[PDB]
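Structure containing dovitinib.
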Amino acid sequence: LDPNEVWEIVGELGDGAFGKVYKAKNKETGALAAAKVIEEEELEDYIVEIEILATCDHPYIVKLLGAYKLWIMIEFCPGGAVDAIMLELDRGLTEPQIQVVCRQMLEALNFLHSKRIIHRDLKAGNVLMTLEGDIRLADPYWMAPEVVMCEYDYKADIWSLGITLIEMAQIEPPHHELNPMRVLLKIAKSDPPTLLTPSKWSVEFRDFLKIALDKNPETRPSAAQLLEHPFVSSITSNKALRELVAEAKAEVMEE
Ligand SMILES: CN1CCN(c2ccc3[nH]c(-c4c(N)c5c(F)cccc5[nH]c4=O)nc3c2)CC1
């Protein structure tokens, strides 16, 4: 069952810091793809991840297309990642644009959390866009108190979400100016990040971030509970992202 007859590569989309990501078009049917390509130990570690994605079939999570070196064919999303969008446009996202992403993310998180799965790498570079204006998420008594805590556990996502929303408002996440070494300390030491210009955004945004970014995963809310927040409870149209995908395409056409 050799590949290359099935798919033909027709582009490169981004050498991240994990393999390289190329664009693939089906030889028979004509369909597009994203091909992630790698080449004992690691191989079985990747198979588990692949077989986890097959399971995670939902509107707002990339579809697994196949598995043939090591090829992984995932759905082409022709808007690309939101962080790439934000630079090509050289600006943040409008609150209504942020409202639509926050809500679609929450349905993806709430889905995953019912499957007992965490994402753990939620940032703007892992929120992809379709032309339709929709997102896809990508890729015992002698025990010491601190050992106990590190054995609710899926509230990690909910923190990354609120942090992703700041990334989208402001282009850059909080503490972007310090090196990765010092970040971890700043995270653990500092109070929950707020928006830089509280004046610029609605009272609902500020409060959503207030409750999303609780340092205590006990008192911190589920994807489910957050879906009833005013900030995302009234959101029925993907218009504002339909709008934003259009500009991005237009801006990209420039030469
Ligand atoms: C600079 N202009 C805007 C960004 N540009 C762009 C265009 C299409 C793109 N598709 C993907 C993509 C993934 N990166 C991807 C992944 F990383 C993991 C799993 C599935 C994926 N599917 C994709 O469809 N990125 C794109 C970027 C290049 C042109």
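All residue numbers given for chain A refer to the PDB entry; the residues shown span 30-68, 72-100, 105-175, 196-207, 214-317 in order. Read the numbers this way: they start at 1 and go in the same order the structure lists the ligands and their atoms. Below, each value reflects all heavy atoms present in this structure, side chains not excepted, and no hydrogens, waters or symmetry copies.
- Bound to dovitinib (ligand 1) with the most contacts here is the chain that the PDB entry lists as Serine/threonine-protein kinase 10.
- Per UniProt, most contacting residues of chain A around dovitinib (ligand 1) lie in the domain Protein kinase.
- The UniProt active-site residue of chain A nearest to dovitinib (ligand 1) (heavy atoms, to 1 Å) is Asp157, 10 Å.
- Residues in other chains coming within 4.0 Å of dovitinib (ligand 1) by heavy atoms are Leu42, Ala63, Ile110, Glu111, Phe112, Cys113, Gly116, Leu164, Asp175, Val314.
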